[PDB]
A.B. asks: 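In this model we see S-econazole bound to Cytochrome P450 130.
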Amino acid sequence: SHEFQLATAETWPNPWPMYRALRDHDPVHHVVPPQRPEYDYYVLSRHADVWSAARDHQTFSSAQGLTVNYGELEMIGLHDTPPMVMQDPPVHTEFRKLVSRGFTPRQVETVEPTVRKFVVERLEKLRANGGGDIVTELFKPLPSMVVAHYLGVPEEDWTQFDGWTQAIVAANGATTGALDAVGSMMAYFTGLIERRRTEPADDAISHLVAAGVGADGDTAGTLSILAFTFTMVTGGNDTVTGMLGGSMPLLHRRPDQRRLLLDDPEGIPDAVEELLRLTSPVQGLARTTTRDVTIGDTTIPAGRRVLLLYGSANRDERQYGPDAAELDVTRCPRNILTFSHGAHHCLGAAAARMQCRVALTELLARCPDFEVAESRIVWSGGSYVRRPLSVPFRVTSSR
Amino acid sequence: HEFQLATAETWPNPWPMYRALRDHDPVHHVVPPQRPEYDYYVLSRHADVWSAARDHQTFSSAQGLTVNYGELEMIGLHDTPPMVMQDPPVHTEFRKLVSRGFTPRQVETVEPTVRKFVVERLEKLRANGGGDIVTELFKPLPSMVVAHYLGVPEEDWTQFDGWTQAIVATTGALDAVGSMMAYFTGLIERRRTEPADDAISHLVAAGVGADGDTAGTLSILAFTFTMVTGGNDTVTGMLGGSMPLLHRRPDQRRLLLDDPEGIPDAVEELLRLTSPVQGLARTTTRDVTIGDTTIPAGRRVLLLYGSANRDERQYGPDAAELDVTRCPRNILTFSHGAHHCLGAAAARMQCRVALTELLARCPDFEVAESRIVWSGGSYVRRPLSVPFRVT
Amino acid sequence: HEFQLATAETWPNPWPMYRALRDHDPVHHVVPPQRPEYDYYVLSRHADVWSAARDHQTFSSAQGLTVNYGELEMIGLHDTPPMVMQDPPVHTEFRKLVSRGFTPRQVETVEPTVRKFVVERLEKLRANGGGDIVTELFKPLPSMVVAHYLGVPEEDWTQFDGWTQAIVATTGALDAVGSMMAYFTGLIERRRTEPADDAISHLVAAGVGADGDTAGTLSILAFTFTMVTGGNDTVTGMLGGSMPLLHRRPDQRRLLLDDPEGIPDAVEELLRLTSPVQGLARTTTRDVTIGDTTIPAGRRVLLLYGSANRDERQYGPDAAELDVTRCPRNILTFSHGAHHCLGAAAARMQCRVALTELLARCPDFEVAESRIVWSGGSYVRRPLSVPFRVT
Amino acid sequence: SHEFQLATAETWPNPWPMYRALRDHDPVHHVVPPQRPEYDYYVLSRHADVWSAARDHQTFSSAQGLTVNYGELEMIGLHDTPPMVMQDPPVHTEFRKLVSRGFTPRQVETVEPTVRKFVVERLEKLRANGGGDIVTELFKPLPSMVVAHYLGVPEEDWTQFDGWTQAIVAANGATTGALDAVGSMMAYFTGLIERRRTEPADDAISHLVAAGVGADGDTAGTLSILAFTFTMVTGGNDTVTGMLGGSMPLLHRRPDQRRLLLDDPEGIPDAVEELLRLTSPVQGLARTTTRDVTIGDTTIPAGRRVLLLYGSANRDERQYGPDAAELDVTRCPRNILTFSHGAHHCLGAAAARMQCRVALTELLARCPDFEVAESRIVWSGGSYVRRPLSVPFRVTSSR
Ligand code: HEM
Ligand code: HEM
Ligand code: HEM
Ligand code: HEM
Ligand SMILES: Clc1ccc(CO[C@H](Cn2ccnc2)c2ccc(Cl)cc2Cl)cc1
Ligand SMILES: Clc1ccc(CO[C@H](Cn2ccnc2)c2ccc(Cl)cc2Cl)cc1
Ligand SMILES: Clc1ccc(CO[C@H](Cn2ccnc2)c2ccc(Cl)cc2Cl)cc1
Ligand SMILES: Clc1ccc(CO[C@H](Cn2ccnc2)c2ccc(Cl)cc2Cl)cc1
Ligand SMILES: [F-]
Ligand SMILES: [F-]
Ligand SMILES: [F-]
Ligand SMILES: [F-]
Ligand SMILES: [F-]
Ligand SMILES: [F-]
Ligand SMILES: [F-]
Ligand SMILES: [F-]
Ligand SMILES: [F-]
Ligand SMILES: [F-]
Ligand SMILES: [F-]
Ligand SMILES: [F-]
Ligand SMILES: [F-]
Ligand SMILES: [F-]
Ligand SMILES: [F-]
Ligand SMILES: [F-]
Ligand SMILES: [F-]
Ligand SMILES: [F-]
Ligand SMILES: [F-]
Ligand SMILES: [F-]
Ligand SMILES: [F-]
Ligand SMILES: [F-]
Ligand SMILES: [F-]
Ligand SMILES: [F-]
Ligand SMILES: [F-]
Ligand SMILES: [F-]
Ligand SMILES: [F-]
Ligand SMILES: [F-]
């Protein structure tokens, strides 16, 4: 297929061939914006290369940015960039230590029931109409509760909070309700932060406040806690949506794979893994070299940005065999990059996995013969996170 | 004595330490016993600092502006600007847009508004014999100008300054930040359909934040925050920092009293001696050699503007003292090069005004040096309290 | 349940967790939430652990033997051997010399001395109905043999064990370490002109420490320390660990009571089921692939000897239970390959003796499983207290 | 001159030409023991290369050993190796943090008087005999007091402690008094450690005990504190001796340089720096690569040991000019490697510097026209630390 090109809503449907293209012919692809040559960068597509890069945080930095956009830490450009910039060990270690305290196994169990309740409520509402938009009806609002949960947002506010969430996530002058939501969200948290100073819980934010972040005047601290929550509200929400929605077409395309999980629900957890591999909600993130580095026969100059195609890595035939491109709920894939590897390995991987499990389990139980109108599926914009905005669902069984 | 990052108790007199460095260790090496890897260098001579600032490709700003490699560690104590600028080409565009909010029309337009406040507050002080000139005037003063450049509508200036003064400060500032944050979100929204001439309007007009951006809208708020705090302290610093200087040299003030036509030139001298931004670091993007010393690539190098301005090698023997008639050239109070301060004009205007009115309405005033209280912070040197007395 | 490094409260029954791993996650990946970089793998199947241990060039020992990358951080809590062995070629020479202190003559020579103590203490216990068989016998017992291999003269064995028992334990052990340290320095000095057949004599005879070496003399002391502690706990572990097993399966004991000619074979079975050294890590020297999983170079990989020995894929369905008649082959209680235990013989002898005398003089004994107390430590599993009762 | 070859007492006199040889012709010299080829290693001699290597602790590890001896962390071989093995950041960071607490400026001031007292006592005793062995009479016992000081050894024990010190430092069956000293030293410290558990000072050791090292049973901890003290007693003692003694011939060879410091004692501190550069007590230490690394046109395989010739680096003409080999007390040398650079930059650099200053100052004041019988100077064994055992001194002025 075509050569590298950052993804758009139009290209998100089948980026797989471009990946194969790169993997089979330009493992270390050099991109040179024809107009702005000073912003050239590289793209890694082979599982092996992407894997090493992600892990070797010493050579491939994060604190410079996570996208191929050099103006990332400035003002112009942004739009498609994480709200917060992550540091590298040792600097990053304090943070990871503290925030991981709000990301324990109890955190998952404590909110799983809520997840299932909602999943079942919406699933049955859809069985009522014998169809609908499973993304709009379930996979979009679903993650918001988990994110609110991890952020330490009290139930009374859940209603209000989800409001703001949905206004912002919708961003991509309809986005005016967005600037508004952000402000609202903004003030809310400075409040919640205040509340936590003396009424701490065990949510990530409580552990940062309790640890002193944004304490006695420390403005920069408070600001970063905010940057964190907004990064969670935005990304933590639609990465899960991307997984759930993105899984629909994969399953639809193969009822035999669906049948396996039907006669034996035990395969679901493993299936979630295979689904995670193929969907790769976070298709790719970039790094900045901290010294001239040589991969294969290409030598990426220091200071250059390199995009790690996690999505291509999870589909690399070299790592997963000939059928890498196909769905195999029994595959039990090892070394997937869906959550990356190394210092920043996703803290909510078990939260996402739980959500996928509950969702897929309930779905397969109540809508054993669902169908997806692929052709009518809509993909969100952005070049890094691959999620669907709309997924025409329809249980070939009603009432 | 040996070099060391300043503190509120060491800010009263860093001058000797600077001389020491300029004279005996131009390219000073600091090696923290606890962390020899988190080592850095300190340039103190005017010629070097000047050349360093001008050479952005070699001395980058995109790594931080502090000598602390672990600055971005949420741990605590963040003596650092609420956000950091990139270097060209990246910075070029940003700077180009924001500079449209820093035009001559911009500075001129608010001057009258500023002079009025200065006079009102000065007279309020004469009506009391004295008072703390920093909290009473110098602190609130720079607040207005920031708002003016951020495009904050006048009616709000009262409510706004309300937060400003809480943030630049029992942490009710958290609330102040939330309020101000949300405030700006609306102002940005608004600016999408009412593009004035403020920096923010020019940014929003470019597409920043204008689209449920997030990140983009957050960087807008980071910038507004930098201005809100940095823009206050620096002016507060210079205006307050000038008090003891003018107090100590009555002969100088006399020159300005007999001939106020020399106040603009005095403003330069005062800026040279105050250097509110005593220093800011950079990070070598390659191994660079200065004199005998060679600084490895990726090393923080603190540019001591404050010292460079007092460098005898540049301003003569008396470089260390007040000479309102000096008319110093090439000062580094606003750095040099790609990051040269955009609010230099705005900064100068506030002092030309403030100083003129001070001298014109309180020709005879006294400052209790001994009772001045400096703020903390190793990079920006400003007084928290400067007891004033007109008589 | 999910995998996790053992603790004194989890040592009572790890068997289920192992099964789980062997059956569902042969090459288990552990990713610490606080430190995803300090991640590692856990091999639990006999075939893999066996192959891992045999392949030293790929799975090195010279990085540490714990899954904790920050093991050598003085911070605190050091669940790790008092020193670490290198891999061939380096290890080859060391092992060659030290192995001369682990000869057949060596094991045979002290057996009688050992059996006597066993009998004395066993009778002392019969004279009291019972007592704690670990503190009363199993703990002091392995002490003698170590001393014997370290070349500690018998008269001292009393004073020596004195320290041993203090160290293997209000930290009067610090003093015990100092005393023992100095003790060995003299013994080494001595050995320069009185080279016996102990391991130390063979080392000193080679030139180690013998020259105001330091380092060299300190490594001698590190080794003697490893032996002193490790060599005790492991045997203490196996002997004590066998108590509940023999207690639980009276039918088994009966087989040994009617025919004590089957005790040597029972010793193997008991070693297979106790695996005092439940596990020890290695560090991949290259990217290596096991099954679907690929472990990156420089990754700690915990070899679960304890699990490999209970692997049904190797010993059949009942692999999980006591069959003194089994005569298990290729157990991993003493690892395999370049680091295969040198004191395997010495270890086996102490149990052949201890067990025979136990069964011969207390055919009818009881162990209060419910009241056994395990020691801490995630790699060596031994009981601190095993209340004994003869009746 | 000849090709690389680890130093011996016989070769320590003038190793400078071998260095130049390497620098000018084999900057990345490959050494291959003819008999044990598996133990091949590399040697860096150019200031630039040695400097980068020392700093880049990520690539060039320390925790594997500090010498070119691969059996370093085992048993056979040792002899010429540090008693303790240093870790790499982050692991090493805790230690550095705690021990540096006992290495403050006060620590120097608090013991400087003692240094000067002793220096003057011995100097005058030598003026008495109008000569003697300045190493045996002063530069050998001198450092012991500072080391005892930093280790937190109470004055009453000073007598006893120095005894053991001298017995061990003498190591290189006369070394029998050594094995004895070590044992004595050994037990002493376990005691001192005990004492510190409740009677802590501000000496390095107190900070480790107070921090918990070797606490509630932690045997490994206690053992490492010991390894540290023995590393100080051995190395901390004779590196200073190497500097002081080694400086004698350098000064002797140039009375004009000595004259400068005579008419202006201010130059002494700077002189100490130039002396430090030329003496390089720690001529070199090795590192182990943690990945294939390429210097120039040579690519040192990972896992290989590399010797960083600090002594050659300080003499590199490229860094210090044409006269790099000569003494210039006004040179004011920048970037010297005498104390290394990076994570392990010597903690006692200011202590050594103080000693050199006091010594050199007193010497130049009381023995302005001393002489050294170079030909009769004796060098200690070992390939890493270059110190003299004997230095025939003689003030061409008596009484
Ligand atoms: C299927 C959904 C998800 C995917 C694919 C995903 C993916 C990722 C990836 C790849 C990273 C690291 C990016 C890099 O630097 O390469 C990351 C980090 C992280 N994720 Fe997720 N994530 C998901 C859901 C979540 C959720 C629901 C939460 C929160 C409840 C979460 C919390 C975080 C946090 C806090 C980190 C930062 C860890 C660090 O920097 O050490 N993620 N995620
Ligand atoms: C006493 C008065 C002030 C002083 C001494 C001061 C000093 C500085 C310095 C040293 C820099 C460059 C720092 C570096 O990169 O090393 C700077 C940049 C800047 N200042 Fe100020 N400043 C003052 C007042 C103001 C005010 C009131 C504003 C406007 C509201 C302002 C806006 C800025 C901006 C936006 C830049 C960044 C320019 C760029 O990055 O291209 N400054 N200032
Ligand atoms: C219950 C009895 C014992 C058990 C289960 C045991 C277990 C082990 C294991 C697992 C190893 C290899 C560890 C590895 O590298 O992964 C080992 C090595 C060794 N053991 Fe033991 N051991 C026991 C008793 C003893 C005794 C009493 C001595 C002798 C006094 C001894 C001396 C050693 C030595 C010196 C080695 C190292 C060999 C080498 O590195 O080449 N062991 N032991
Ligand atoms: C002229 C004399 C001395 C020289 C040339 C010297 C040299 C060195 C060097 C080169 C290192 C680091 C080696 C490497 O890894 O490359 C070192 C580390 C150190 N030195 Fe010295 N040293 C001297 C005197 C002392 C003294 C007197 C003390 C103690 C009072 C001392 C305490 C230490 C300590 C504790 C470190 C370890 C720091 C760390 O690992 O972070 N040194 N020394
Ligand atoms: Cl603290 C933190 C920082 C970064 C990331 C990861 O980057 C997030 C994805 N994400 C978010 C949550 N879980 C996954 C991201 C990528 C690309 C773009 Cl354009 C936007 C976003 Cl939000 C995760 C936590
Ligand atoms: Cl966009 C921008 C970024 C940085 C700077 C300059 O850095 C500011 C000073 N400042 C602020 C305004 N005018 C001057 C600063 C330095 C040190 C410390 Cl601790 C705090 C602050 Cl705020 C200027 C604009
Ligand atoms: Cl020279 C040598 C080095 C290591 C080992 C083996 O490692 C020992 C076990 N051990 C000791 C003796 N026989 C067995 C050990 C493991 C874990 C923990 Cl936490 C402590 C210890 Cl002590 C054996 C000789
Ligand atoms: Cl904690 C620590 C570890 C290592 C070193 C440094 O290595 C020391 C030199 N030294 C010692 C003190 N100051 C300098 C050394 C090198 C070579 C040889 Cl053969 C022996 C020794 Cl002792 C310094 C502290
Ligand atoms: F798009
Ligand atoms: F660029
Ligand atoms: F890898
Ligand atoms: F139901
Ligand atoms: F139904
Ligand atoms: F302060
Ligand atoms: F001065
Ligand atoms: F000069
Ligand atoms: F840090
Ligand atoms: F323009
Ligand atoms: F307006
Ligand atoms: F001038
Ligand atoms: F005016
Ligand atoms: F005063
Ligand atoms: F435990
Ligand atoms: F089981
Ligand atoms: F299987
Ligand atoms: F660590
Ligand atoms: F042999
Ligand atoms: F004997
Ligand atoms: F078998
Ligand atoms: F027997
Ligand atoms: F029981
Ligand atoms: F020698
Ligand atoms: F080797
Ligand atoms: F360098
Ligand atoms: F005298
Ligand atoms: F005299």
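To find a chain's letter, count down the sequence lines: the first is A, the second B. What you see of chain A is 6-177, 181-407, where the numbers are those given in the PDB entry. Just so it is clear, chain B uses the PDB entry numbers, and the residues here are 7-175, 183-404, in order. What you see of chain C is 7-175, 183-404, where the numbers are those given in the PDB entry. Residues displayed in chain D correspond, in order, to the PDB entry positions 6-177, 181-407. Atoms within each ligand, like the ligands themselves, are counted from 1 in listed order.
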A.B. asks: For S-econazole, what are all the matching ligand numbers or chain letters?
C.D. replies: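 Counting all copies, it's at ligands 5, 6, 7 and 8.
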A.B. asks: What are the letters of the other chains with a heavy atom below 4.0 Å from S-econazole (ligand 8)?
C.D. replies: D
A.B. asks: Does S-econazole (ligand 8) approach any residue of chain D that UniProt lists for heme binding closer than 4.0 Å (heavy atoms), and which?
C.D. replies: D:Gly243
A.B. asks: Mind checking which residue and atom the model joins S-econazole (ligand 8) to with a covalent bond? None is a fine answer too.
C.D. replies: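 The entry gives no covalent bond to a chain.
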A.B. asks: List the other ligands and ions under 4.0 Å from S-econazole (ligand 8).
C.D. replies: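 Answer: ligand 4 (protoporphyrin IX containing FE).
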A.B. asks: Cross the UniProt substrate-binding annotation of chain D with the residues having a heavy atom under 4.0 Å from S-econazole (ligand 8), and give the overlap.
C.D. replies: none
A.B. asks: Which chain positions lie within 4.0 Å of S-econazole (ligand 8) by heavy-atom distance?
C.D. replies: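 Non-hydrogen contacts come from D:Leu71, D:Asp85, D:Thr86, D:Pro87, D:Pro88, D:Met89, D:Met91, D:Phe236, D:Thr239, D:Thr242, D:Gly243, D:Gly244, D:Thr247, D:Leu293, D:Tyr392.
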